[PDB]
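Everything on this sheet refers to the single structure shown next.
Letters A, B, ... mirror the listed sequences (proteins, then strands); counts begin at 1. Computation of the quantities below employed the complete heavy-atom set of this structure, encompassing side-chain atoms and omitting hydrogens, waters and symmetry-equivalent molecules. Only a slice of the deposited entry appears, and the contacts counted are all within that slice. Start at 1 and go down the list; that is how both ligands and their atoms are numbered. According to its header, the structure was obtained by X-ray crystallography, 2.8 Å.
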Amino acid sequence: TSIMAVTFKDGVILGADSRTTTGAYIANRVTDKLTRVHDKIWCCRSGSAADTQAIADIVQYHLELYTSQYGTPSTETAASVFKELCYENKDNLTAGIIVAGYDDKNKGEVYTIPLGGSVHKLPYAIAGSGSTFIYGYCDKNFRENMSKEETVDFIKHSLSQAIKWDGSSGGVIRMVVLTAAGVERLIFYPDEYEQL
Amino acid sequence: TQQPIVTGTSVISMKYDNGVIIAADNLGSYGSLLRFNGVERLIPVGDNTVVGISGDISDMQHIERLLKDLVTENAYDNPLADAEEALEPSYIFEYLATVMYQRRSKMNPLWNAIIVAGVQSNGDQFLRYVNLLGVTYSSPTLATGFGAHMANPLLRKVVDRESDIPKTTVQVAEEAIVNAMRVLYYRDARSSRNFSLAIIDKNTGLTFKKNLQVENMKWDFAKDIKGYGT
Amino acid sequence: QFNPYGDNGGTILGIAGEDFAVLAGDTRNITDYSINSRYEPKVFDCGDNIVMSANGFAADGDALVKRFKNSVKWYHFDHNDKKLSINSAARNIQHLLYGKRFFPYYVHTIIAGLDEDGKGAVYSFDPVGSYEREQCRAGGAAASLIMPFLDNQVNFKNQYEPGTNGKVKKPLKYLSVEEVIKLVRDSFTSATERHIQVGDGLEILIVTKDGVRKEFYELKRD
Amino acid sequence: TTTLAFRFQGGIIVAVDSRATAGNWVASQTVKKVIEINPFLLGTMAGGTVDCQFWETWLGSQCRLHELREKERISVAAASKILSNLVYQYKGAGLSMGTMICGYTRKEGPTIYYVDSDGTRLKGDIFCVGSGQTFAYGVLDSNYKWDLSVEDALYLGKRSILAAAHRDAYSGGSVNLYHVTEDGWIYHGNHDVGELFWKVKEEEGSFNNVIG
Amino acid sequence: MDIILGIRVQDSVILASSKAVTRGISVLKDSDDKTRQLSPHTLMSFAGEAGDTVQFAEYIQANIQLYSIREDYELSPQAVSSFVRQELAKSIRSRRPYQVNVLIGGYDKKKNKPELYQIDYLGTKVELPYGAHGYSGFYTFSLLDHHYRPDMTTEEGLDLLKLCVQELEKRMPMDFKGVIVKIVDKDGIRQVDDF
Amino acid sequence: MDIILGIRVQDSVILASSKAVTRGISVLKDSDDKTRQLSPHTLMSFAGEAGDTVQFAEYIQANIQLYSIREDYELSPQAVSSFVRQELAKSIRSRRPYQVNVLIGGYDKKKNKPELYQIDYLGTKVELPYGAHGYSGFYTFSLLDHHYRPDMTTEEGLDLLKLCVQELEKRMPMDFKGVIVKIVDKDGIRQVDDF
Amino acid sequence: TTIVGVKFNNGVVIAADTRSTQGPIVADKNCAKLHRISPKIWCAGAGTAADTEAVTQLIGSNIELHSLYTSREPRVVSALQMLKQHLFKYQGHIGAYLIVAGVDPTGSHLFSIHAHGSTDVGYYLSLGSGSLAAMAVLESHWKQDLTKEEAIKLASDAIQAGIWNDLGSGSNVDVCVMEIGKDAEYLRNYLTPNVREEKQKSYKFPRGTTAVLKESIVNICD
Amino acid sequence: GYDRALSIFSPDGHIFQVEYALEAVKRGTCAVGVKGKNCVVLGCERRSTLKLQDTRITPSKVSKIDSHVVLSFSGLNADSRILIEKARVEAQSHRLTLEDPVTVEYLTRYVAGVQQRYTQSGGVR
Amino acid sequence: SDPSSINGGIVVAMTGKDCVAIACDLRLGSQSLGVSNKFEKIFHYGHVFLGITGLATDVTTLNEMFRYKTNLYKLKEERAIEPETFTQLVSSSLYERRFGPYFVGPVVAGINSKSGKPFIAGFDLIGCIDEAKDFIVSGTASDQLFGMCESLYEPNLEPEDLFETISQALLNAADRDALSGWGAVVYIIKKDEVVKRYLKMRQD
Ligand SMILES: *[C@@](C)(CO)[C@](*)(O)[C@H](CC(C)C)NC(=O)[C@H](Cc1ccccc1)NC(=O)[C@H](CC(C)C)NC(=O)[C@H](CCc1ccccc1)NC(=O)CN1CCOCC1
Ligand SMILES: *[C@@](C)(CO)[C@](*)(O)[C@H](CC(C)C)NC(=O)[C@H](Cc1ccccc1)NC(=O)[C@H](CC(C)C)NC(=O)[C@H](CCc1ccccc1)NC(=O)CN1CCOCC1
Ligand SMILES: *[C@@](C)(CO)[C@](*)(O)[C@H](CC(C)C)NC(=O)[C@H](Cc1ccccc1)NC(=O)[C@H](CC(C)C)NC(=O)[C@H](CCc1ccccc1)NC(=O)CN1CCOCC1
Ligand SMILES: [Cl-]
Ligand SMILES: [Mg+2]
Ligand SMILES: [Mg+2]
């Protein structure tokens, strides 16, 4: 996997590749690693496919039950539920999750949750095996309060490089835009991003 | 006792009516890191043989040097070095097969899988495989690594037995090879889009094609796929 | 850690008659769950009316056959073109195999031909060089399937004369080349059905005083 | 394997089975486990087939070279010691052998030497070697006397192998008998356990554990 | 523990069991009785892991004695052997299994027949004319195959048994300090004092 | 191999060595002589790994016999023991060491004194009034500490030795099939046939 | 095993080979790998044979009870959810690898489930030892907007690739077509391209050949 | 290593080095062997130009090879020691492998073989 | 220490024209040591026959367990259990011990009393059903039995002819396996008669 989430002026954008592997065989080349836990709270999944799916399903259940009683949960609340599962079951889990959501009060927020189950609130986050190759690039190129088009280009260029160098990453680049306007899905194919 | 460091993936090949085709991508992987992109893994020997090599690249470069030196040694005191006493594909193979088995027998192998493709002096198609264990075999289609699992099934639909070889043209054969290379790019995590292809024909001779790319790819259906279940 | 051995599958079968001997073997070559070749012969005419097959790890099999073929060549050079008898070949092969007692050829070896009285002969070897002359031997992946069938049909084991209260055994007799080839073909079609490493094609080598003939038959390719 | 050889009034009896196994797979029922070294010397084979076969055949070559060089048949003691010194050189390398060198000479008389692959060499009157040695010992010891006749001794040897062939899963096939006298060794036939078991059961009245 | 034998003849069952108890390089005792009377016409010998053997034997003894008092009736050797087998069959899949092998010799008063059962620690039961546990069988079975007849007397059985002990004393590596022999027949259980 | 003992008394050295040769669950022989005469007044008993024992003993025997012929003279027990020790001391750092333990009993004709040397497979030499190798020592040493006196006769030494064999036969786990006893004194080496 | 699933115009089709192995031995030459979870939800299973049968029957049972409870035709996502949560709970120890397909009031669906409890969505999928041979064919010939007859052809061709090229797969091709608005049609032995040839000889023994010791009538009645 | 062929043929077919070795034997003190019906006796000459000798310690002319075989000689004294040593070692080696002492014929055959080897080996006389 | 090959043994079953046959060897051993030559591996519950190979203690335990279960079945159902139904019961029972299994290789054989159809089935140790038209094999010489049955078998054999075929399949397979043999039993099963025959075989 290569995954990332980036806050910007109007909200936050999540990004991911589409490759799932068993050793060197690609079990699925069109995977969707960006998943909904609430209307405007989404997550990027890295690590074990089974573990991250099981976790995301449980979180979705918790936030649905939260909404029924207390109304819309904050992005921080969602990250806390992810943490609780990842931390308490750290011995039996291989899951690197990035949580991203849009409030109207708090605007765009990004929380990253590594293997240990620690929580880290950041302006932007990167994760997955392919992220190692773009720490240098992303640090040099990230700016706060970017526009939508700038952030899409930042994510597209970043994941393009991650995909290029990481064998465990590839396929299409999926993205999910979270703003006050709503939820927008984007896709970008190899023929475009490879020759960037 | 070794472990392979910088590696090359599948080499694929098949016979057709007048000759043989062989192909391999231009990638040099360093584990999961796709380190080197300008690596040529098809090495011609004379104008009648191409040796395709997968596995460890340091050992591939050693084998290159051996073949290069073999050409030099054959030319010594040999007036017919470019005629009757030129290096045949069968000679080049048997030499490599000997080396591979001797190295495995000394518990210090050349960590490779090799396919020698070419045309003999009498016009007969030559295509044979050898690997780090010294295991050798021949078939109308041959492939290494992931190619063995994914390419061979596709190539065997064209040439399933011996009698299917005369019925297979160079146009049909190359189409199948190029298709197989696309499939490997979809499914092999240590493959690249860029590759080389070589044709050895009994009439038109050796044609070496560099800087080819996988194209006409189907990715559009990906946009419709959402989630993992619900 | 590097493993110098591998398994190339396949199976072989030798039967001896009165004035002939057959050595059969399938043409399939495999590694793990993949097919390498549907036609890769492993039964070879070695000269002096001796046919040989070394089934198991193909690299060791080819090496051994290659060395024995070469042994026959040097036998002619050193002993005035004398014909190498099947019993002499067998003893020579034991020394080839035992020479690598502490890093063995991983193969089951079978040779066939005629003895010095003109009668059919089959010898079989373990990987390190033990050998024994027999009327009948199956070797390789499907040996455990075929061998008991041969005990029953070639050597008439567990078969008694009807009505004799299980007191008189079915008498031993030589089989015709026609009857033997029937048994070989049936043995391999049965082995192909129940063993995954066996199939594609069957190649039989028949050995009479007139020379070495070949016969080929198709086998199921799944 | 099950092999035995014992010394008695009328010379030496040697008896062996004919089975060969690879794990639980019965590979052969017709293996010759006695090697004829010369008209006066026998060698028995137990353990690794090839190890025994190869080196006892080699032993015969060394014995032939002795009588060419010395103009005299080799002693049983000297023959056994050639084999034991050889395997001792390979000690630790993984050879697997349990052999018995049996024969008659003028100076020694009837003699039996046990030789194995960890270098042990023992002179003795009775030995049983192999996976079914204990079964053979049980019958042999309980019926052995020095004053046995040639006829009775041949039968006891045969009967002891049959006992082991029955109980030991890795012994069977057929019994090969040998009698060694002052004049040399004499072969007393191949006896298939298939027919021999029932013949012995009926005539002797033994093997009541088996369904008749 | 080590050597336990059993022979069923015409009218009785004879059990022989070694007297030695060894631990390390010391024979701690040379007069150990490796048997328990389960009922007046049923005897069980045992061999195996230290501690487990006696604990198991006495546990079975208690259960059979309980049954006898409750029903005022003696269980058949067949019934006792099945009970014992099931207990071992349970044991083998426990947290810590009983590592005990037993022979059960009994006289069925309803059938007027002697019966010998051999049960290993896994719970593998077989009825036999003669039986043994451990390395003993590797010598005695072949010997009995030859010399045993089904119509033998108790005296003939004891001579047959002497032949087994002599062979073991000749070819076994360890000194097992002789055997205690006991006979089970229509009149119950008794011990042979001079063997 | 297993039991080898040695006792030095006033005028002689007495060596006792077990007769059993066991392999697996079978006693292959019960009359084995675990000793070699190195010279007319020097005897060496041995015990250890199969094959190694006899190979080593005979190799030493050959070397001492060679010396005797060359010099027309018998080496002293002390000199022989030192030669033996050095050979074992070389062996222990070889590719495959001799796993053999020995006792060397001799009578020094120049000193008119009996001498007993105990040497293990590492090449550890000690001169002793009484010695043993293997598990035997764990019983015999304490027994000899009590009953041994330095001025004993050969007959007193044999009775003392009978006491050791009796104790071993009572408390040792394995049947070692008795011992062969040999005496070394001013008149050379002789065997006691009835023990 | 080789198993596949393919989506088309008005529904979904799944297929499978019919070989069951026991190491290198073919235990069953014509076993049924297509399982019915509900009338219009079918399952193809690879991996541990007992686990695939047991897990499919359990969820099939609970789906039936659920369907009766809710008075609704069962949905594929319900079977998918129940299967994955069961398999996840056992951390991969239940070796079931499934392709789940079917039609329901929501529409047509195609999923795969792995032993550790991960699920995938797709238009074409393949699982089992011959999945690479099958996926090669699917990747070469699959397109959007397949017809019923085109999808059956593509599915069976993908299975055939496994049958011929994978040693783990063989024998026949089973198919199940699940179209919207219609009953699901289970096509057992849709293709039989591996028929055993006539044997060379009849092995019918003369009556009395086998030696017998005892005869006795057995009582089955009360 | 010193390789020179010292023992070689001459035009007349003689090996002079071997024949000159016989002259050394002819110079040596006389030795005689006589065998009776139940015994053998070895007699040896000792030259009397050497007085003030110590006969206790002076090397004896007759040497035991084993307890049952003896060897006397004529020629170079220093050379004889090398043959005697080899013979003594071979005697013990024979007992070790054959479990029987050497015959007199065998021991002779061995010593003679050693002498022969020194007539067609390089670097030796 | 491989539970399925400590004791040894084999079972084979075949179908014929309106009949079925099931056969087994008689050996029970402890590795190399042969212990008993009277250990039958075929049992029956009404007209349904069950053969079980593998670890002997589990063979005994399972027989006792299925006798237990079929007796309660008959009391409640008021009819004998049929082969197809019994097959499902065996499968359920074995899979119940999925992560602590009985080390066995059972084989069901019998004729359905209603339809008259011959039926055989085989299982692995954890309960996977293996149904077959022709034959089922099990035990330490299963490879041998597979080879014998595949070559010797033909469809629609008469009861007398079927006996010869199954007996030869078992005997020759047993003789190539060290842990199998020491006697043999064959059951011929027609609609309403069942013949049991003991075979003469080599006792080594
Ligand atoms: C990139 C690839 C790396 O970070 C991404 O993180 C993606 C995340 C997406 C899919 C959410 N990760 C994967 O694709 C993931 C890589 C991986 C593999 C193993 C452990 C952790 C991560 N792949 C998987 O989870 C696959 C998905 C299957 C093929 C549908 N699963 C496996 O590879 C399973 C997992 C077993 C497992 C191990 C440890 C923890 C949890 C589960 N492994 C196998 O099937 C084993 N296989 C047997 C045959 O030999 C090859 C290995
Ligand atoms: C009784 C019968 C059993 O112990 C006897 O002891 C006989 C002695 C007779 C044959 C002289 N012993 C055997 O039968 C002996 C048992 C044995 C096996 C292995 C090691 C030690 C002892 N069997 C053999 O030696 C067989 C004989 C063959 C079947 C003709 N040979 C093998 O098992 C060989 C070689 C074994 C080996 C020894 C040392 C180094 C390497 C290998 N192995 C194979 O053939 C391998 N195997 C055959 C089945 O297919 C898979 C590969
Ligand atoms: C292709 C053919 C291979 O991938 C398919 O995937 C099929 C799936 C179909 C049949 C549902 N797979 C198999 O056929 C499968 C291959 C296999 C084997 C072992 C582990 C995983 C997969 N075969 C089986 O499951 C067989 C079914 C038989 C033919 C009835 N079962 C076995 O081979 C069992 C395995 C049982 C098992 C227990 C615990 C963990 C994993 C597996 N093995 C045995 O019966 C062997 N042995 C015989 C002696 O008695 C003890 C058990
Ligand atoms: Cl996923
Ligand atoms: Mg296939
Ligand atoms: Mg046997």
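- The macromolecule with the greatest number of heavy-atom pairs within 4.5 Å of ligand 2 is, in UniProt, named Proteasome subunit beta type-5.
- Located at ligand 2, the drug is listed as carfilzomib (bound form).
- Using a 4.0 Å cut-off on heavy atoms, the other chains next to carfilzomib (bound form, ligand 2) are C, D.
- Per the PDB record, the organism listed against chain D is Saccharomyces cerevisiae.
- The molecule name in the entry for chain C reads Proteasome subunit beta type-6.
- In the structure, the covalent bond to carfilzomib (bound form, ligand 2) is made by D:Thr1 OG1.
- For chain D and carfilzomib (bound form, ligand 2), the nearest UniProt active-site residue, with heavy-atom distance to 1 Å, is D:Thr1, 1 Å.
- Binding site of carfilzomib (bound form, ligand 2) at 4.0 Å (heavy atoms): C:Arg101, C:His108, C:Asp126, C:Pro127, C:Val128, C:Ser130, D:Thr1, D:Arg19, D:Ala20, D:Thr21, D:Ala27, D:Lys33, D:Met45, D:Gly47, D:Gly48, D:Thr49, D:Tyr170.
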